[PDB]
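What follows is a model of Hepatocyte growth factor receptor carrying bound tepotinib.
In this chain, numbering begins with 1 at the start of the sequence shown. Start at 1 and go down the list; that is how both ligands and their atoms are numbered. Atom set for the values below is all heavy atoms of this structure, side chains included, hydrogens, waters and symmetry mates excluded.
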Amino acid sequence: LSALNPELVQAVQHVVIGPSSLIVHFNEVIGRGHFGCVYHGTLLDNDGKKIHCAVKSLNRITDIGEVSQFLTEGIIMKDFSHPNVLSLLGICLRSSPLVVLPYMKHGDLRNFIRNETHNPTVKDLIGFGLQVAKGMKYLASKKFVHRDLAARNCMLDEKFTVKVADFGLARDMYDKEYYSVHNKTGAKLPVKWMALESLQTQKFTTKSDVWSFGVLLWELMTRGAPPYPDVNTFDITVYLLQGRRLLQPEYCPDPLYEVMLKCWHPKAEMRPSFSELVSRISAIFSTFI
Ligand SMILES: CN1CCC(COc2cnc(-c3cccc(Cn4nc(-c5cccc(C#N)c5)ccc4=O)c3)nc2)CC1
């Protein structure tokens with residue numbers, strides 16, 4: 001890493017965590033991304049109080065340009081903050097590079113809602129959706145496009161707070177079943193969560209994140225059923241163009257299905273904003289015991 005531009009190193013210094021502040025348990029994988037496994041560790045604060053971390057080791061870096069990009073992105077991502085978006089705690093360089101993230105005790109949202117020993121109420125599930133909407137309202141306000149919003153890509157902490165995750169230095173494929181390669185460009189695409197226009201052009205916007213959010217709501221209301229199980233990946237674009245959409249789940253309230261449907265409008269500009277979604281979903285949430 002002595003090949004890095006020294007001004008970049010100085011610019012990222014405030015994101016860097018020294019090895020003597022970290023204790024990582026590399027003997028046990030706690031999560032798996034295509035581009036790296038995740039391990040538990042602890043970060044020592046200024047008192048020596050332990051902060052629990054998920055530490056991710058990036059696995060296919062080959063050139064200093066990639067590292068430089070990673071550091072540049074880290075500076076941007078470090079200064080994001082919202083209670084429903086995952087924080088970047090820092091990067092450890094003097095230990096491959098380690099991305100240091102807050103530990104998420106209850107794992108990804110899709111696994112949480114599929115846990116048969118727990119019974120989230122309908123209200124709880126809608127509340128998870130509301131929390132995601134609030135995190136996305138924040139990302140949208142930063143002009144940041146997620147591109148891979150899905151229940152598998154959101155996390156829950158010890159207070160059951162939902163964090164939009166899988167972005168910035170945490171971006172990866174954490175369940176490879178749902179990504180398909182596009183020939184023309186080599187992009188790995190989460191096809192069954194994508195907006196029609198993104199399927200046609202491979203371009204993404206905040207309004208395509210709104211489409212994905214509608215799919216995530218459907219995931220919540222089905223307790224983690226896979227969307228369009230009988231539609232092959234390569235047939236989803238046509239399925240949508242034919243005027244077909246995911247069906248209303250049995251226990252999805254009518255006003256929430258209406259929200260879903262608006263998120264899947266064929267014209268991006270006609271989909272609700274995340275600000276509108278927070279408002280409307282907060283009303284729906286409030287009507288349940
Ligand atoms: C029973 N089980 C025992 C282990 C418990 C704690 O394990 C943890 C695992 N991972 C983290 C962690 C924290 C912050 C950031 C990330 C990275 N990241 N990962 C995912 C992710 C992780 C695992 C599976 C799937 C899928 N599909 C997706 C999504 C988005 C994202 O950004 C990981 N924290 C704790 C959970 C309950």
Review point. Considering only heavy atoms, which residues of chain A annotated by UniProt as ATP-binding lie under 4.0 Å from tepotinib?
Key: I30
Review point. So which protein heavy atom does atom 17 (C) of tepotinib come closest to, and at what separation?
Key: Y174 OH, 3.3 Å
Point to revise | Contact partition for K105 relative to tepotinib, non-hydrogen atoms under 4.0 Å | key: backbone
Point to revise | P102 and tepotinib - part of the residue with a heavy-atom distance under 4.0 Å | key: backbone
Point to revise | chain A: main UniProt domain in contact with tepotinib | key: Protein kinase
Check your understanding: Which UniProt active-site residue of chain A lies at the shortest heavy-atom distance from tepotinib, and what is that distance to 1 Å?
Key -> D148, 8 Å
**Study point:** For atom 29 (C) of tepotinib, the option (of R152, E28, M104) bearing the nearest heavy atom
**Key:** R152
Review point. Within 4.0 Å of atom 4 (C) of tepotinib (strictly less), any protein heavy atom?
Key: no
Review point. Quick one: does atom 1 (C) of tepotinib have a protein heavy atom under 4.0 Å from it?
Key: no
**Study point:** Which segment of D172 sits under 4.0 Å of tepotinib when only heavy atoms are counted
**Key:** neither
Check your understanding: So between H52, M173, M155, whose heavy atom ends up nearest atom 22 (C) of tepotinib?
Key -> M155
Check your understanding: Under 4.0 angstrom from atom 37 (C) of tepotinib, is there any protein heavy atom?
Key -> yes
Check your understanding: Of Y178, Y103, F167, which has the heavy atom at the shortest distance from atom 6 (C) of tepotinib?
Key -> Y103
**Study point:** Identity and distance of the protein heavy atom lying nearest atom 16 (C) of tepotinib
**Key:** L101 CD1, 4.2 Å
Practice item. Please work out whether any backbone atom (N, CA, C, O) or any side-chain heavy atom from C-beta onward of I30 is under 4.0 Å from tepotinib, and answer side chain, backbone, both or neither. Key: both
Practice item. Please confirm whether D166 comes within less than 3.5 Å of tepotinib when only nitrogen or oxygen atoms on both sides are compared. Key: yes
Review point. Which residues would you count as binding tepotinib, with heavy atoms within 4.0 Å?
Key: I30, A54, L86, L101, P102, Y103, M104, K105, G107, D108, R152, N153, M155, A165, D166, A170, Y174
